[PDB]
Amino acid sequence: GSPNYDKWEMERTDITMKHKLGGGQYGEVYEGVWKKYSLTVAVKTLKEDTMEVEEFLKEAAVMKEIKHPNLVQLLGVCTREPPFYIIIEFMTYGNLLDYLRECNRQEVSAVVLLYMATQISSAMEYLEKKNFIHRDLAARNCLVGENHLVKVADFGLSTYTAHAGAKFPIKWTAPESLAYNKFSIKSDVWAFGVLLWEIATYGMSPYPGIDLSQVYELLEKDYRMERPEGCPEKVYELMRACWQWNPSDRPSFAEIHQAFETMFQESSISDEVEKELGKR
Ligand SMILES: Cc1ccc(C(=O)Nc2ccc(CN3CCN(C)CC3)c(C(F)(F)F)c2)cc1C#Cc1cnc2cccnn12
């Protein structure tokens, strides 16, 4: 309502800055508090004098355009001068990889594994529809909140090893992306498949006992990860479709989401009945 108003910009002093999250594993991401409203937030920062200004500013632009229940939601930025902030709502249970590695499987049961996958493929259908490419989909890049709410994120984490002049997470990376640097919503589909396998194993590292140097060549001979113990057949079938060698042969996220939503609804019906028996 005044000449230098920007609806996304906040004042840094609105925000109480506290500890770095995850002991550094998320980069420059800090727990903060938006004082006026209490709200605990997460704050990504870039200090002055860096060669990352353009990339950070590009990140802010993108988030201003992303609005979905299962994608991280921008609350505000500080980008009028250094240090830059990007502020989003705090997700209390941390990243999905660790959550799966530390959980109680009585709570995180098979209906919850289906819930997680449905939420993630819904965030990816949205990106698919808006013609975005995530480019680093993985359980380390999903966040968990109350009642197994899952939101997709991207910390810019690049485990990652040297490849084609940069750092790639080989075991999540689609073949055309490794071979030709070709990234698309279809390579995200390949990665979602590895994420499904991460969920199914409660967070095991992919391609167990296989050294990264052998992954591409095995994939090119049509080797794929085997079905995890206890992974339902239909879910494995979806994994193998995400891992079609030709990107065009892989399902869309719309299709994947509809599949998971159906299975989640069926599973949830069984879950509520067992619980209703428990109560009583
Ligand atoms: C402070 C912060 C800043 C930024 C982001 C962030 O996720 N950035 C992001 C940037 C771009 C994109 C889309 N592009 C991907 C690349 N692609 C080439 C283009 C499309 C997306 C996506 F989610 F939409 F994918 C996310 C997360 C946080 C957090 C947090 C937080 C909240 N609670 C907790 C608890 C523990 C740890 N962290 N934490």
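Residues take their numbers from the sequence shown, with the count starting at 1. Basis for what follows: all heavy atoms, side chains included, without hydrogens, waters or symmetry-related copies. Atoms within each ligand, like the ligands themselves, are counted from 1 in listed order.
Given pranlukast, ponatinib, elexacaftor, roblitinib, the compound at ligand 1 is identified as ponatinib. Going by UniProt, the chain with the most contacts to ponatinib (ligand 1) here is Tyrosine-protein kinase ABL1. The shortest contact between atom 14 (N) of ponatinib (ligand 1) and any protein heavy atom is with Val62 CG1, 4.1 Å.
Annotation for ponatinib (ligand 1): atoms under 4.0 Å from non-hydrogen atoms of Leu71 are 23 (F), 24 (F).
The nearest heavy-atom contact from the protein to atom 16 (C) of ponatinib (ligand 1) is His134 O, 3.0 Å. Using a 4.0 angstrom heavy-atom cutoff, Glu89 counts as in contact with ponatinib (ligand 1).
Of the candidates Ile88, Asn141, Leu127, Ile88 brings a heavy atom nearest to atom 29 (C) of ponatinib (ligand 1).
Which parts of ponatinib (ligand 1) touch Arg135 is read off a 4.0 Å heavy-atom cut-off, strictly below it: atoms 18 (C). At least one heavy atom of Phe155 lies less than 4.0 angstrom from ponatinib (ligand 1). Near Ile86, with a cut-off below 4.0 Å to any heavy atom, the atoms of ponatinib (ligand 1) are 1 (C), 3 (C). Below 4.0 Å from some heavy atom of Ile66 lie the following atoms of ponatinib (ligand 1), by number and element: 13 (C), 24 (F).
Per UniProt, most contacting residues of chain A around ponatinib (ligand 1) lie in the domain Protein kinase. Here is the list of ponatinib (ligand 1) atoms found below 4.0 Å of a heavy atom in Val43: 1 (C). Ranking protein heavy atoms by distance to atom 1 (C) of ponatinib (ligand 1), first place goes to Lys44 N, 3.3 Å.
Nearest residue to atom 19 (C) of ponatinib (ligand 1) from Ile133, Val77, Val152 is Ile133 (criterion: closest heavy atom). Heavy atoms only, to 1 Å: the UniProt active-site residue in chain A nearest to ponatinib (ligand 1) comes out as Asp136, 6 Å. Residue list (UniProt ATP-binding, chain A, heavy atom under 4.0 Å from ponatinib (ligand 1)): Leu21, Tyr26, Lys44, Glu89, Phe90, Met91.
Shown in contact with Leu143 at under 4.0 Å from a heavy atom are these atoms of ponatinib (ligand 1), numbered in order with element: 30 (C), 31 (C), 32 (C), 37 (C), 38 (N), 39 (N).
When the options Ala42, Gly156, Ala123 are ranked by their closest heavy atom to atom 32 (C) of ponatinib (ligand 1), first place goes to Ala42. Residue-ligand proximity: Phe132 is placed with every non-hydrogen atom at 4.0 Å or more from ponatinib (ligand 1). Within 4.0 Å of ponatinib (ligand 1) on heavy-atom distance sit the residues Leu21, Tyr26, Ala42, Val43, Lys44, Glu59, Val62, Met63, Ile66, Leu71, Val72, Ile86, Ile88, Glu89, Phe90, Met91, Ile133, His134, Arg135, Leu143, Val152, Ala153, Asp154, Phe155.
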Give one line per pair: atom of ponatinib (ligand 1), protein atom, distance. Only N/O to N/O under 3.5 Å.
{"residue": "ponatinib (ligand 1)", "atom": "7 (O)", "partner": "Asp154", "partner atom": "N", "Å": "2.8"}
{"residue": "ponatinib (ligand 1)", "atom": "8 (N)", "partner": "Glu59", "partner atom": "OE2", "Å": "3.0"}
{"residue": "ponatinib (ligand 1)", "atom": "8 (N)", "partner": "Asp154", "partner atom": "O", "Å": "3.2"}
{"residue": "ponatinib (ligand 1)", "atom": "17 (N)", "partner": "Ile133", "partner atom": "O", "Å": "2.7"}
{"residue": "ponatinib (ligand 1)", "atom": "17 (N)", "partner": "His134", "partner atom": "O", "Å": "3.1"}
{"residue": "ponatinib (ligand 1)", "atom": "33 (N)", "partner": "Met91", "partner atom": "N", "Å": "2.7"}

